[PDB]
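Co-structure: tivozanib and STE20-like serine/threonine-protein kinase.
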Amino acid sequence: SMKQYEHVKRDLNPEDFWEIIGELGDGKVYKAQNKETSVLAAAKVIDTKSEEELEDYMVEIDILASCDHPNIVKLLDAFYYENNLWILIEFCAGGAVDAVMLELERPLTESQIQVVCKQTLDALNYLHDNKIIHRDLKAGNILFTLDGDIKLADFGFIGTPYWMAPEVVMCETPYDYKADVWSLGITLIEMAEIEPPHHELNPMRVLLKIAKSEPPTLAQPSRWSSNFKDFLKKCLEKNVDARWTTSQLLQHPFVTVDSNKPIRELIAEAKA
Amino acid sequence: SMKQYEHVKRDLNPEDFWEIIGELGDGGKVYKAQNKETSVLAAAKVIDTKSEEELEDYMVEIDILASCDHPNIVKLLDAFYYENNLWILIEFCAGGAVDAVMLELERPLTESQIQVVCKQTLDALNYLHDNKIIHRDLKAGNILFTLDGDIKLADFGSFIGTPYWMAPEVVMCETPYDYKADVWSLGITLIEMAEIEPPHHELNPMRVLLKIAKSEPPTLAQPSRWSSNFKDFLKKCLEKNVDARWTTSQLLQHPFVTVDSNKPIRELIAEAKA
Ligand SMILES: COc1cc2nccc(Oc3ccc(NC(=O)/N=c4/cc(C)o[nH]4)c(Cl)c3)c2cc1OC
Ligand SMILES: COc1cc2nccc(Oc3ccc(NC(=O)/N=c4/cc(C)o[nH]4)c(Cl)c3)c2cc1OC
């Protein structure tokens, strides 16, 4: 009885409604501006030959379209036109966290990590609450807004192993919510040190290390608070049942923060 | 990379987690259930799903409901597939359906009461339309009262069915989107709340189809009893030209749906309780 129409428009030119006004990253992500509202979007134009592949993407689009949280990036539009799939999502002016680290040539401060951790955790907890796993949480997928806030995105064969949880590597089997928590732990170290743990190792050797080795730690413990190192121990726990949920982590003192000023200042340096 | 798990539990007995108290409607069977661990109240529907092709058809409706998050739309609390039954549990709305209240009390709603229901229902519908969902069966039987005096929109469930709420363009099979047909049905629902019965209720159902296709839009039986704001709101809903008929976004700007209080409905429930 209740019917939901498709989230991708058809037989309509995207550029009738959005002007491409530049390039943001090098596949290619574009910057677009709505011709009627002036709203800014990031746009991705993915080549969709296989109609079986379009259905595979449209699944990810449906999940994104149904999400409604301030710390998860919103889908503004989607089109199928002349065999391309355009995805337009809310523009996050501060850019990705990894790009900020590469531009400034510095890791984040603990104060900055703290804000990102708390907001990312709010996003993730909402996903988990709605039976969604992110699966690719890393610093490259955390975006800064302009007001100093985080939005979680997904920029896009086994792939890169650095953020993978031991139970996924060891194929230990109902749900994989905890794997996102592990990845959050790796992401925090990545923001503290620019690169994730084991970055210097061959990808095959990293799989071995994740399966066989003690959880990764910060390279220089004395530079960081006990709250932070403790928070890491809860995320980077190899026993899946001992590893904390996002709901438990929200009660941790490390994410008892109030101001987003560290991030406002970080993106004021980046803008200069 | 993002993955969504299924909204329906499997290999698990629903009655491990929910106790059936009693029955709510035998108008299918809707049950009243209470969570064994939280004490939360639900309405439960236990639908027989022999056909695996039918289960997929229901699971689609469950996904839409699970993704909705609005105060004026009924929330899915749980869903199970167990021993060939599909259990659907949704938030319990203690006041029941609007049509049943009118039939029990033997009176229509007042304009003040219609105004609250219209505004809240319009917030729900506008949210649906915004998210590319059409309700398709908007009638007074699908508007539920809460204890507090609010509305939640529900859906109780080659045959044609009943015609009274059908839009002219659907009857005349004129055709991309049918958002406007919900707006027409909203108009019919308002008259239904003003008069208990929908327009043309006294006519043969075939003659109702004829009337919808061929006649001037339906009107209130006694226009002098109702404000100009209300009748004007109706004219925007019950416009046979689909392009002239207002969207829910346009209707939200209408003065009829500026309301600051649900007190008319709280008082309606206080009459019913007496
Ligand atoms: C200021 O600098 C940037 C700002 C950005 N603001 C918002 C979005 C940006 O890039 C994207 C990141 C992810 C997605 N997509 C996404 O999250 N989901 C999907 C899912 C599928 C199948 O298709 N895309 C998109 Cl569209 C764009 C940005 C890239 C920038 O330059 C670095
Ligand atoms: C006090 O009296 C009642 C109170 C009620 N409170 C809440 C819900 C009630 O009935 C339902 C109404 C709708 C649905 N379902 C619904 O809205 N959607 C779906 C979606 C799918 C696939 O399957 N049903 C259900 Cl379960 C139950 C009620 C029925 C009553 O007695 C009249």
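Chain A corresponds to the first sequence line; subsequent lines are lettered B, C, and so forth. Residues displayed in chain A correspond, in order, to the PDB entry positions 17-42, 46-175, 190-206, 211-309. Residues 17-43, 46-175, 189-206, 211-309, in that order, are what chain B shows, numbered as in the PDB entry. Counting convention: from 1, in listed order, for ligands and their atoms alike.
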Return the chain letters whose heavy atoms come under 4.0 Å from tivozanib (ligand 2), other chains only. B
Which atoms of tivozanib (ligand 2) sit under 4.0 Å from any heavy atom of B:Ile80? 21 (C), 22 (C)
Considering distance alone, does some N or O of B:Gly114 sit under 3.5 Å from an N or O of tivozanib (ligand 2)? no
Per UniProt domain annotation, where in chain B do most residues contacting tivozanib (ligand 2) sit? Protein kinase
In tivozanib (ligand 2), which numbered atoms sit nearer than 4.0 Å to a non-hydrogen atom of B:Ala61? 7 (C), 8 (C), 9 (C), 10 (O), 27 (C)
Tell me, please: is B:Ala112 in heavy-atom contact with tivozanib (ligand 2), that is, under 4.0 Å? yes
Selected option - heavy-atom contact closest to atom 32 (C) of tivozanib (ligand 2), from B:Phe174, B:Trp105, B:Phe163, B:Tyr76: B:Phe174
Does B:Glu109 have a heavy atom less than 4.0 Å from any atom of tivozanib (ligand 2)? yes
Proximal tivozanib (ligand 2) atoms for B:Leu40, defined as those under 4.0 Å from one of its heavy atoms: 30 (C), 31 (O)
Under 4.0 Å from any heavy atom of B:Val48, which atoms of tivozanib (ligand 2) are there? 10 (O), 27 (C)
So if I count the atoms of tivozanib (ligand 2) from 1 in the order they appear, which ones are less than 4.0 Å from some heavy atom of B:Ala172? 13 (C), 17 (O)
